[PDB]
Participant: 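Consider the following structure, which includes testosterone.
Residues displayed in chain A correspond, in order, to the PDB entry positions 2-323. Looking at the header, which is where the method is noted, we find X-ray crystallography, 2.1 Å. All values below were derived from every heavy atom in this structure, side-chain atoms included, with hydrogens, water molecules and symmetry-related copies excluded. Indexing begins at 1, ligand by ligand and atom by atom, following the structure's order.
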Amino acid sequence: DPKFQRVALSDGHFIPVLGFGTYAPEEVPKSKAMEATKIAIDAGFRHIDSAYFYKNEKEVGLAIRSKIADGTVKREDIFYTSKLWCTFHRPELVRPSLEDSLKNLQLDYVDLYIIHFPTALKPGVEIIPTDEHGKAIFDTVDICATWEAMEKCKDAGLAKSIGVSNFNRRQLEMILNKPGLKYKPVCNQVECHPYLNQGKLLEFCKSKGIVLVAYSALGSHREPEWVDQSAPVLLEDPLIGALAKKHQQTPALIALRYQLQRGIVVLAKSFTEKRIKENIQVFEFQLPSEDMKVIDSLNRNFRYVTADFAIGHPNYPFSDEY
Ligand SMILES: NC(=O)c1ccc[n+]([C@@H]2O[C@H](COP(=O)([O-])OP(=O)(O)OC[C@H]3O[C@@H](n4cnc5c(N)ncnc54)[C@H](OP(=O)(O)O)[C@@H]3O)[C@@H](O)[C@H]2O)c1
Ligand SMILES: C[C@]12CC[C@H]3[C@@H](CCC4=CC(=O)CC[C@@]43C)[C@@H]1CC[C@@H]2O
């Protein structure tokens, strides 16, 4: 059943090539993630993407633990991802964060734990702490030291795999190039879609054996307001439409299947039963090379997530060409 297909990770673990995305806008109750994750699992999703940041880990864990108690899946059929938030980059905060997430999940490990952004922020009770205004408070933590703390999470059997998110090439190289590296990041999970296809990052990751995992592959939720206001809308792109018509597909399906054909692992968030069943048909067709080269033309280097809160940070990722 091709919908259960996985790509090899450099550490000998396997990751489903399509993942269920669980972030929703703050106004959306975390229970929807719960209801949506159950439905996604029934549909055949096995790879579930979350993060400390989405504050839905107790909800997703109930879902996953629901799907296990009724025979649907075994723990080892599920591939759960979570992410170290930037307020815990400090080595001594890394395990307790992940154990915190396990305690919430009521699971024994996560299959992938990754650094969410390379930009550390000031620890404490705010998720993104900001001053007497706007601006996040940066903290200065060496990414390699965060990395070592993550390697120790792997060694502890807490996370089967470890990786990063939103790193540029320079920042991957820093980890790669770490004197004494035990484990390489198995993936770099980054925004990826026809408007920001990531063709130089992707080539780089591959040459290094790192899996690129794409988020906002369907065009993001387009928040807040100002982005929704002027960002092009992926799923309505007239050329992605032409392509869906030609293959009798939907826009979403074209955009998902574009990523898979580049050996990207692609995430897809829907809390809509029907679009959940739809997204998993991505495996029911292919695009010829000539269609991939026409989608290539849509690239404009536009970002749905500039993560503005880390502008002026030492390690803000998006300044370099890639
Ligand atoms: N590493 C990171 O910093 C980071 C950042 C962003 C996202 N992510 C991960 O990536 C996942 C997905 O990315 P995302 O949140 O940017 O959203 P996305 O997958 O790009 O798309 C989300 C939007 O597309 C809609 N949609 C889903 N399927 C559809 C379908 N087949 N047809 C038409 N519309 C459809 C969803 O609507 P409905 O839900 O209403 O169906 C939702 O509004 C997230 O859930 C999160 O797990 C990680
Ligand atoms: C940009 C933002 C902070 C960063 C958030 C973003 C939406 C959800 C989100 C999911 C992630 O996985 C990374 C952080 C982000 C991208 C938030 C919406 C408005 C808020 O300012």
Participant: Which of the ligands or chains here are copies of testosterone?
Facilitator: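 The relevant parts are ligand 2.
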Participant: List the macromolecule sharing the largest contact count with testosterone, named according to UniProt.
Facilitator: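 The largest contact partner is Prostaglandin-E(2) 9-reductase.
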Participant: Out of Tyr305, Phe310, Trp86, whose heavy atom is nearest to atom 4 (C) of testosterone?
Facilitator: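 When every heavy atom of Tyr305, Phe310, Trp86 is considered, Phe310 comes closest to atom 4 (C) of testosterone.
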Participant: At a non-hydrogen distance cut-off of under 4.0 Å, which region of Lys84 contacts testosterone (side chain, backbone, both, or neither)?
Facilitator: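 Looking at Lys84 and testosterone, no heavy atom falls under 4.0 Å.
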Participant: Is it the case that testosterone has an N or O less than 3.5 angstrom from some N or O of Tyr24?
Facilitator: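 There is no such contact.
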Participant: List testosterone atoms under 4.0 Å from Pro225, heavy atoms only on the residue side.
Facilitator: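 Near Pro225, meaning under 4.0 Å from one of its heavy atoms, testosterone has 19 (C).
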Participant: Where does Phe54 meet testosterone, judged by heavy-atom distances below 4.0 Å: at the side chain, the backbone, both, or neither?
Facilitator: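 Contact part for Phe54 vs testosterone: side chain (C-beta onward).
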Participant: Give me the UniProt-annotated NADP(+)-binding residues in chain A that sit with a heavy atom under 4.0 Å from testosterone.
Facilitator: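 The UniProt-listed residues with a non-hydrogen atom that close: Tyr24.
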Participant: Less than 4.0 Å from atom 20 (C) of testosterone, is there any heavy atom belonging to the protein?
Facilitator: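 It does not; no protein heavy atom is within 4.0 Å.
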Participant: I'd like to check whether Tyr55 has a polar contact with testosterone, where a contact means an N/O of the residue lying under 3.5 Å from an N/O of the ligand.
Facilitator: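 Yes, there is a polar N/O contact under 3.5 Å.
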Participant: Nearest protein heavy-atom contact for atom 16 (C) of testosterone: which residue, which atom, what distance?
Facilitator: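 Atom 16 (C) of testosterone sits closest to the protein heavy atom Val306 CG2, 3.8 Å.
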Participant: For atom 3 (C) of testosterone, what's the nearest protein heavy-atom neighbour? Residue, atom name and distance, please.
Facilitator: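 The closest one turns out to be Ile129 CD1, 4.3 Å.
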Participant: Hey, is atom 11 (C) of testosterone touched by any protein heavy atom at less than 4.0 Å?
Facilitator: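 For atom 11 (C) of testosterone the answer is yes, since some protein heavy atom falls inside 4.0 Å.
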Participant: Which residues overlap between UniProt's substrate-binding set for chain A and those with a heavy atom under 4.0 Å from testosterone?
Facilitator: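 From UniProt's list, the heavy-atom cut-off leaves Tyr24, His117.
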Participant: Closer than 4.0 angstrom: is that true for some heavy atom of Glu27 and an atom of testosterone?
Facilitator: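 The answer is no, since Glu27 has no heavy atom less than 4.0 Å from testosterone.
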Participant: For atom 1 (C) of testosterone, state whether the nearest protein heavy atom is under 4.0 Å away.
Facilitator: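 Under the 4.0 Å cut-off, atom 1 (C) of testosterone has no protein heavy-atom neighbours at all.
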Participant: Which residues from the surrounding chains have any heavy atom less than 4.0 Å away from testosterone?
Facilitator: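 Counting heavy atoms, it is made of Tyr24, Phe54, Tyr55, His117, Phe118, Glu224, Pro225, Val306.
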